[PDB]
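What follows is a model of Transitional endoplasmic reticulum ATPase carrying bound CB-5083.
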Amino acid sequence: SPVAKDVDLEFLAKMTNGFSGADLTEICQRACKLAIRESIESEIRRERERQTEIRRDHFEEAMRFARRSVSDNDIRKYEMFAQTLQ
Amino acid sequence: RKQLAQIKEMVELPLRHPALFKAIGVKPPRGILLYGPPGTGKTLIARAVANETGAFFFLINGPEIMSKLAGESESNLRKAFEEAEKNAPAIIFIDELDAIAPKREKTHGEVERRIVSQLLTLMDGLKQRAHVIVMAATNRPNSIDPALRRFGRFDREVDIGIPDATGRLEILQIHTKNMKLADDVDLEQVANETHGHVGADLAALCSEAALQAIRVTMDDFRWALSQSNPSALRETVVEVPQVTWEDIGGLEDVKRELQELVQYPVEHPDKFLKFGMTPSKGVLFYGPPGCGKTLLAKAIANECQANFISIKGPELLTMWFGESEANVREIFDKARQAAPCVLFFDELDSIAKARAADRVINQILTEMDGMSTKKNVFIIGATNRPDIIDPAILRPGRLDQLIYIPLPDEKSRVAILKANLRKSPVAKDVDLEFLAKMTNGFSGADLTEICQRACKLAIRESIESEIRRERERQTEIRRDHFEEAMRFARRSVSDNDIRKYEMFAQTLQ
Amino acid sequence: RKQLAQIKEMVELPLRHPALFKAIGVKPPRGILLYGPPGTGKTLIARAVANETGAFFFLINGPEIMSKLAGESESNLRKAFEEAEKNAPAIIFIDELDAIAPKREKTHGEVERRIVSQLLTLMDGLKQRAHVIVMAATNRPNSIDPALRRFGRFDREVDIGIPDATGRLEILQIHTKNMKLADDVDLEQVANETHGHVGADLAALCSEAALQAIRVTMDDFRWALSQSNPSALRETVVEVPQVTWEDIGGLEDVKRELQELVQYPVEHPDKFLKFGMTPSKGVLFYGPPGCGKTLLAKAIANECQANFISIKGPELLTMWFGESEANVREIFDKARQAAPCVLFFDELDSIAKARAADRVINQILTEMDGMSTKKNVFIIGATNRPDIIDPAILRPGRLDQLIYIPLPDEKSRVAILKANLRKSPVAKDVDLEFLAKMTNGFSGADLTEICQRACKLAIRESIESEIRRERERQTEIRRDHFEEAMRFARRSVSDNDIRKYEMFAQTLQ
Ligand SMILES: Cc1cc2c(C(N)=O)cccc2n1-c1nc2c(c(NCc3ccccc3)n1)COCC2
Ligand SMILES: Cc1cc2c(C(N)=O)cccc2n1-c1nc2c(c(NCc3ccccc3)n1)COCC2
């Protein structure tokens with residue numbers, strides 16, 4: 001993927017404490033779809049105006065609706081069931 | 001001095017400017033009733049008002065009247081009343097009124113009923129013509145026989161409650177101007193630390209502070225504080241709180257909502273009168289338990305410079321489990337009298353949760369219904385369970401407006417770290433936004449327990465090192481501490497719950 | 001003598017050094033109220049303080065006043081008060097105050113209300129100017145009419161409760177200095193054995209001890225102990241316990257936790273004041289039923305040389321089932337007055353378990369809320385069921401800190417064997433670590449019942465052999481006993497349960 005270096009991924013590490021892979025994934029995918037959208041929308045806009053990479057804008061855009069998959073309850077449940085499974 | 005002002009506006013003008021009222025075709029008050037807890041110097045106040053109006057003063061020590069042989073009591077009363085009547089402008093002040101004139105089935109004998117009757121007839125007997133005012137003392141007006149709070153008798157009532165920081169400070173200054181006060185002594189400190197104290201308790205405090213010096217440093221004051229057992233711990237404190245809105249960083253929408261609900265009709269009433277629509281009776285704060293639902297309610301009172309009253313739910317529980325719903329009436333009376341004011345119910349869900357109960361919640365209903373719209377007294381209902389509150393409370397003309405007081409924002413997280421660390425040693429390499437980001441989904445409570453855990457790590461390291469230095473002599477707080485403290489610190493409220501308020505926020509609407 | 005000290009600090013300086021206070025601009029106390037059970041010689045104490053201050057002493061035997069014809073009572077009172085007023089420095093001491101001045105709806109007649117009124121007016125009448133102090137006696141201040149515990153009247157209150165071992169010892173020495181005391185007699189033994197005894201019961205004990213000699217050996221004392229029925233069995237014993245931390249071997253983490261919670265703010269307050277954070281209100285001990293949750297709580301009080309008060313849960317149950325939640329207020333007052341102190345609730349789960357109940361637990365709430373933070377009184381809540389405690393109790397500012405008090409460690413097992421066998425014959429071939437290892441997963445209770453079973457095997461073998469030697473004449477404890485005793489001895493608490501506290505320890509956090 002095209003990813004400019006002003007996508008620091010540790011800004012993303014910290015913010016995504018308690019996140020499952022799935023959420024990181026859907027963050028990335030939402031970003032990528034915002035990018036594609038902006039891209040071809042702008043290209044079609046440029047077709048219509050001719051007939052007279054991905055950056056943390058996209059990402060904090062994408063995180064502005066992105067979950068934390070698994071709730072404390074559950075993880076606590078594996079904790080419990082990890083201890084008492086042992 | 002604020003207190004005197006009222007009593008002088010009620011006394012002076014119809015004691016020593018009487019002709020204007022009797023010409024303008026009205027009546028002076030003939031029965032000004034002072035009440036509030038003991039340790040308040042109501043007597044002092046009465047004589048103060050008599051001296052500073054310029055009027056004859058006659059004390060009636062209730063005990064003294066009640067100690068006489070049946071007859072000589074009534075005699076003493078008549079005597080007092082004629083003695084005042086004759087020397088008037090006259091204040092007759094009745095100390096411990098409740099003594100002679102109680103709640104009158106707690107009177108296993110007819111002599112007292114005669115004695116009270118007498119006082120009623122005497123109270124009736126006066127003329128505004130005769131230039132006589134009767135003041136009287138008691139803990140609460142519930143104490144006195146209601147046939148004294150007739151219009152003909154003790155019509156006007158003044159509450160001299162607990163004093164607040166400033167009053168306490170004034171009192172301390174007044175009792176300690178005559179004292180060997182050290183430079184390290186802080187009066188304001190003590191004034192702030194002296195919750196539930198009254199004039200008496202503060203006097204006593206100053207006294208033990210003296211005595212233990214005489215065995216005055218700050219140590220002595222703090223020690224005397226360690227010793228003192230204030231009287232008015234148990235009394236419901238009414239004061240305007242000193243939490244600013246800008247102390248509560250963020251939570252903006254709620255600021256503006258609360259302003260539109262409670263601020264606009266006290267601060268721009270012209271408008272509400274103009275458009276004609278009349279204000280919300282009150283509010284309901286719901287959301288997760290880790291927040292300053294209290295503090296917002298305070299903050300809007302502070303913002304409207306109006307009073308504040310917390311009913312902790314254990315008050316409610318105590319009422320339900322005891323079936324003393326009566327006392328709701330008394331609470332609302334107490335708010336009404338201390339207008340303008342926010343009556344803040346904490347844990348409104350308690351009565352309803354814990355299962356004359358819906359009745360305790362219901363007395364609050366009948367009282368919200370019966371309370372006059374115009375009196376500017378707002379009434380904020382806290383919970384965490386909109387789901388359990390008798391929904392009659394959420395009927396319009398009651399707790400009309402619902403507000404989701406949600407988890408703190410970053411600005412607010414910062415605000416709360418700041419609040420929790422206000423008085424503390426905090427080196428600047430504790431950035432609080434490192435702490436803002438890490439604590440997404442955290443309740444106040446968690447920020448708090450982070451701060452406290454840190455502080456305890458600091459104290460621990462400190463005195464452990466000091467004792468280690470005692471043992472080695474007998475041959476500030478920094479993000480080390482904090483990331484130490486966060487390395488066991490929760491996220492209070494689980495997604496489930498917040499999603500539950502979300503859901504119940506949407507579908508409550 | 002410790003007791004007198006206080007009363008002399010309250011009396012002497014404003015009886016016989018009065019000008020300093022009245023100049024420095026404060027007030028002496030004019031009503032020092034002594035209370036506590038009968039058998040305490042409050043009268044003796046008053047006259048002691050009057051003689052050792054140098055002051056006129058006037059007794060008012062309540063019964064004597066109440067026995068007069070209505071009128072001559074008030075007469076007697078006025079008389080007494082003027083007689084004192086005239087001869088002053090003056091202590092007016094009122095024996096059985098509750099007699100003249102009771103809880104005043106328990107007064108089926110107006111004469112008593114007049115008599116009390118009189119005493120109120122007389123109490124009001126005094127000046128610090130007149131050099132007069134009024135002391136007074138009763139069982140508990142609940143007895144007296146509250147309008148006597150006004151500031152104007154009996155403001156200062158002193159508790160002369162049960163005496164502890166040392167007091168009992170002093171008293172025994174004092175009553176038995178005049179006695180044919182044998183060499184085998186042990187006063188301290190008896191002092192330690194005399195729980196619930198007061199001055200009177202001890203006097204009586206010494207007396208029967210005499211009389212049965214005169215029919216004094218240790219036998220006589222122990223026999224008189226066998227006979228005596230002390231008065232204050234029923235009274236809630238406040239004393240600093242004498243269990244060291246090092247009596248409680250191991251359980252270290254809890255030691256240090258409890259120290260950081262309860263020790264650091266009484267022993268290094270400078271620090272808590274410095275960092276600014278204010279201490280835990282209290283604690284909650286949970287875990288398995290076989291442990292010394294009591295003893296830890298004692299041990300931290302002992303460590304902080306603070307008092308201790310056990311509310312056994314049967315006190316709680318008695319309150320709930322009777323709906324005498326009132327008495328919580330009285331308990332906290334009793335702790336507050338006996339500061340610093342640990343108020344230890346045992347089986348806090350009882351009220352809640354056994355199903356104005358959440359109210360009894362709730363009164364404890366309102367009291368924890370209303371108790372002043374600064375007063376150094378800690379408040380430890382025992383259970384075995386964190387799961388059942390009204391979680392409002394586990395809300396911050398209440399029982400903030402949870403502590404899992406788990407099963408004893410080997411050091412602690414040893415400690416408990418040692419404790420259970422302290423006074424016993426134990427040959428050195430009872431190694432206690434053989435016993436430490438074998439008893440992994442055991443509660444104190446099991447170690448205890450091991451020891452007891454052993455001891456009973458020993459007694460059995462002993463007296464069986466002695467009787468066998470009587471029958472054959474009419475022609476220490478060793479690991480034999482112990483491995484005998486363990487050959488039927490449980491493991492109290494099952495893995496399930498401990499795993500349950502583990503789980504509920506983790507997920508409680
Ligand atoms: C010391 C403290 C603990 C605490 C807790 C808690 N769970 O322990 C919850 C809420 C507020 C809390 N505060 C607190 N206390 C204060 C303030 C403040 N922040 C502004 C605010 C309040 C509620 C919301 C947003 C932001 N927060 C404001 O200054 C005075 C006292
Ligand atoms: C007599 C006795 C019975 C008992 C029991 C019991 N269920 O019988 C449980 C725990 C301690 C017990 N003690 C006991 N009592 C004492 C001590 C002590 N050892 C240290 C200890 C205390 C609490 C906890 C751990 C270990 N143990 C210390 O000496 C004074 C009294």
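Chain A is the first sequence line, chain B the second, and so forth, proteins listed ahead of strands; every chain is numbered from 1. These numbers come from the heavy atoms of this one structure, side chains and all, not from hydrogens, waters or symmetry mates. A fraction of the deposited model is presented, and contact counting is confined to that fraction. Numbering of ligands and ligand atoms starts at 1, following listing order.
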Which components of the model should be assigned to CB-5083? ligands 1 and 2
Write down the other chains contacting CB-5083 (ligand 2), where contact means heavy atoms under 4.0 Å apart. C
So what's the source organism for chain C in this PDB entry? Homo sapiens
